[PDB]
Amino acid sequence: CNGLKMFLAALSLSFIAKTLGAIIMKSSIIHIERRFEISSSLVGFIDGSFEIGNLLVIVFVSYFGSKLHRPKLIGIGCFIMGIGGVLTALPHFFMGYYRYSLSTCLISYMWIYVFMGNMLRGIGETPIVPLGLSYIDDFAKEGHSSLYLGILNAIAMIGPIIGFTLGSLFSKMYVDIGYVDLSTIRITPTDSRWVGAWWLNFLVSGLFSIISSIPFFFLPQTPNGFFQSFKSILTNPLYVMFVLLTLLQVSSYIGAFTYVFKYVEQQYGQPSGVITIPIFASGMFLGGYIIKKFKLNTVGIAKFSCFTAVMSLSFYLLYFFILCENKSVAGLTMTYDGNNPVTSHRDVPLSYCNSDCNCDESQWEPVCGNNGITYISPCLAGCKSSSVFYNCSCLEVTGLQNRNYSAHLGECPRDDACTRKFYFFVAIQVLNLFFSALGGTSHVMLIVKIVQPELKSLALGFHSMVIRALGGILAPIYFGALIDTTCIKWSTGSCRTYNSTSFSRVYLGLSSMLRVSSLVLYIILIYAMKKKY
Amino acid sequence: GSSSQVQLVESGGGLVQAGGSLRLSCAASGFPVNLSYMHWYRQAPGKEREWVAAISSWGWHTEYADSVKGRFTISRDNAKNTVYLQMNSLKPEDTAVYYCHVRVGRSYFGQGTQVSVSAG
Ligand SMILES: CC(C)c1c(C(=O)Nc2ccccc2)c(-c2ccccc2)c(-c2ccc(F)cc2)n1CC[C@@H](O)C[C@@H](O)CC(=O)O
């Protein structure tokens, strides 16, 4: 510990703190919805409060904080994050006791505090990445800041592990722990009225941020115009090219990793990271190691990041050839009788087998029979008696008497040919995660060398605004819009099933085009750097 | 507000005749109770703690039980720091002792007064 290593330890602890807090916000939002009895637009607005608070002031704090005492301001931001977590846990402490109280064929204002501390957490997230990493760069020795950045991004993945374990553990217990005798609660954690101890999650997050706040305040400053500088950032063509590039690439990353589980469910039929976390943590540290040990300059780091994204997209193009066959669903892609396909999935005709008993056509109760054809309800499958479902008459046979019953409930799994293709899919996603982590620190590491040395904090703040705004918010919105234009059964809400060929084509091809655009901008950007340098 | 704990005392309880009207009061002393909800519970003999009513910090939220609805009205005064409960059009099934609940830090309850209702 030569003075600087103490700062890297404290900054790694703060990275764990903020990445823990993000997972706690993502995990304990359903319990807040059940406890506060708030609507979907309201809980989305509370969820977006963090982005509002961060995106309002991130450029101003990153600009005005570089000339000031940087570790003290990082500690102040960590303390504001802890106060926001404590304030988010605060409305539980003074509300009181929480209160909570087969489709057969027929032949109030306390949420503001949870809002407000979340905004504080937004300011808590604000000075960590721009002011911290820049304070790394002017006083770490040359080549070493990539290694410290890879170490910090590897160490910060401990935070989601702590968040997942504490979230599951404190969601297993009741919200009124320590206040009521536990034998008096009649409901189970699987019930729809259960609320876990979300206040415990925000309490441990706030106290962890508060504990991480102290080691910043004892670090020294050194170990041994706004529009004018912001115009100087924006008028650099290499920087605005790199920011548009990284917007496209990170938007592809976010629009992929938001819907990986939905793609797995609607393609391979397997329902929705123990091994992937060592792969990611080794990949990011390996990226820092390759940048540090090989003595890469700025065009070298640009070429290395380009190479990693080329291998990532080379494995990403292979996902088109591992598609399973489409689901055999009666009433959406074919008619209910199983003889004639239908031209379009909107307002399909009814069949003569299921004309007789009138059930809900919009009801979704997935079953499949002996023949492997998925049926959408036991009313529309012809099944009149259930124990399994029996006497199903919407399955045409040429006198096969035994093929009239034995239909289980749920979406039964697909063939074993594409079950191996699912394992191929998971292996290629592991390789893509490894190469994305191998890219990793290069996005930050190019920015501090593109700009002037006294505008690195402003540049990192503006880039972080752009990535969290047009990549963190709008990119899942238009990915969800383009994905939901391929819905095949609308539940009156989110669609239950998708058209697997069309959904696969759109979800893969949008990220493919969005990646090849940044891959073209690689040749443009390295061409510009090689002309300049 | 240097105090040990919050003490809650009920007032205005008394015997009624038929479907009359009661004027219940809950006075709190000690910590500042500007930010805390106050609830009213009942305790009928032979039955557990049933919940009756609640009031928010500033009185913007009034949440009630389904058993007594349209007749009980809860109200607050922040300056006197005292929660009132208007009761009217009663039945003798409402005969219980009424406890006042606040959770400034720890859950606090009152002594309670008999809100005994005669038959008429
Ligand atoms: C959890 C974290 C380390 C992470 C991952 C990741 O490892 N995902 C992961 C998940 C499962 C398995 C394996 C890996 C990805 C991440 C990595 C690769 C691909 C997709 C997401 C990101 C991330 C980076 C930039 C973004 F714009 C958004 C998120 N982030 C957040 C880093 C940082 O940019 C955001 C920070 O400023 C605020 C915060 O910490 O909340």
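Below, read A as the first sequence line, B as the second, and so on, with proteins coming before strands; counting in each chain starts at 1. No hydrogens, no waters, no symmetry mates; every other heavy atom, side chains included, goes into these values. Counting starts at 1 for both ligands and their atoms, following the listed order. Per the header of the entry, the method used was electron microscopy, 3.2 Å.
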> What would the PDB label the drug at ligand 1?
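Its PDB name is atorvastatin.
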> Okay, contact question: for atorvastatin, which chain racks up the most heavy-atom pairs under 4.5 Å? Name from UniProt, please.
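The main binding partner here is Solute carrier organic anion transporter family member 1B1.
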> I'd love to know which other chains sit under 4.0 Å from atorvastatin, counting non-hydrogen atoms.
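Chains with a heavy atom that close: A.
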> Can you list, by chain and number, the residues with heavy atoms within 4.0 Å of atorvastatin?
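On a heavy-atom basis, the binding site is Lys18(A), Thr19(A), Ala22(A), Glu125(A), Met157(A), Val250(A), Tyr253(A), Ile254(A), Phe257(A), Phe280(A), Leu433(A), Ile467(A), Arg468(A).
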> If you number the transmembrane segments of chain A the way UniProt does, from the N terminus, which of them put a heavy atom closer than 4.0 Å to atorvastatin?
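Going by UniProt numbering, the segments with a heavy atom that close are 1, 4, 5, 7, 8, 10, 11.
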